[PDB]
Amino acid sequence: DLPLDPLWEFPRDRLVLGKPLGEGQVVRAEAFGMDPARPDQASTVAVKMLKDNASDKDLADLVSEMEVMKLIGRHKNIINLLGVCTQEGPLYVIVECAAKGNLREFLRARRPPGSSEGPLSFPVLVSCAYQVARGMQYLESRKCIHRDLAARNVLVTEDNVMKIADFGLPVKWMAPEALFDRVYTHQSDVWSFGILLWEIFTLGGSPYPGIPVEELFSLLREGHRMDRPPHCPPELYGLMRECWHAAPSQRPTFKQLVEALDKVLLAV
Ligand SMILES: *CCC(=O)N[C@H]1CCOC[C@H]1Nc1ncc2cc(-c3c(Cl)c(OC)cc(OC)c3Cl)ccc2n1
């Protein structure tokens, strides 16, 4: 028995559920009048709900995620909360559905064969990174630490807009202070962003490729980092490397990443 939030409650009978998207449940669905300024207009959305096997605590976690998404509020470059169903029936949390899946798969699927030019230009790739940096700057301004930023946790819209996912609630993405000291800050997220930038300019590459998940720590400690990937401009590699300074205070801020990437896009 949960409160009725008049800012968020959406009628349970305007929500037509569809095929599962992922188990543990999340279900795609048609929503009628998610935009109250076109209230017969239908839209595809994603709906999180509990599986019948779920404890007192599993309900608490879905409640807190719904509550944190309300508090963080709306931005173009995150998965936005759209509505909830809390009354006389199971708890539904309704959010944006992105047609083209996660950014890792978007890029892999758009690999050209061998040495040929692929549909993803330098500016589109820099734009991807720009949009992720703007999303993270927003989440940081609302006191949200992601803790797991990676191309698999960014989703892509029908219009190729980047949307950070799973910010409500992977050693090769983690800052040294997060690996050894279990310390997560905004600057930890900046390390991860560096890794995500590498992923973008390798079109969805597996970071530290070859290198076993047990040799990494020693390579980082000795001051080793991934090499510049083929065809990546030095300006972009230098941003990755700045992200991978050992000292968190020497990494750029998301604000500075937004400015640097902005400068590159203006220069096209
Ligand atoms: C929209 C059509 C469709 O079915 N798209 C699929 C394409 C391939 O990838 C899976 C589907 N897309 C998609 N889009 C958005 C999703 C959002 C969530 C999600 C997130 Cl990211 C979230 O972040 C805080 C919170 C919640 O619920 C509280 C949810 Cl449901 C999950 C899956 C998504 N899949």
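Here chain A follows the PDB entry, giving residues 453-476, 480-624, 643-741 in order. Indexing begins at 1, ligand by ligand and atom by atom, following the structure's order.
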Visitor: Which compound, drug or drug candidate, is present at ligand 1?
Guide: BLU-554 (bound form)
Visitor: What is the name, according to UniProt, of the chain making the most contacts with BLU-554 (bound form, ligand 1)?
Guide: Fibroblast growth factor receptor 4
Visitor: If we set the cut-off at 4.0 Å for heavy atoms, which region of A554 has an atom near BLU-554 (bound form, ligand 1): side chain, backbone, both, or neither?
Guide: backbone
Visitor: Numbering the atoms of BLU-554 (bound form, ligand 1) from 1, which are under 4.0 Å from a heavy atom of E520?
Guide: 25 (C), 28 (C)
Visitor: Does even one non-hydrogen atom of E551 get within less than 4.0 Å of BLU-554 (bound form, ligand 1)?
Guide: yes
Visitor: Identify the organism of origin of chain A according to the PDB entry.
Guide: Homo sapiens
Visitor: Counting only heavy atoms closer than 4.0 Å, does BLU-554 (bound form, ligand 1) sit against the backbone of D621, its side chain, both, or neither?
Guide: both
Visitor: Working on this structure - any idea which UniProt domain of chain A most of the contacts with BLU-554 (bound form, ligand 1) come from?
Guide: Protein kinase
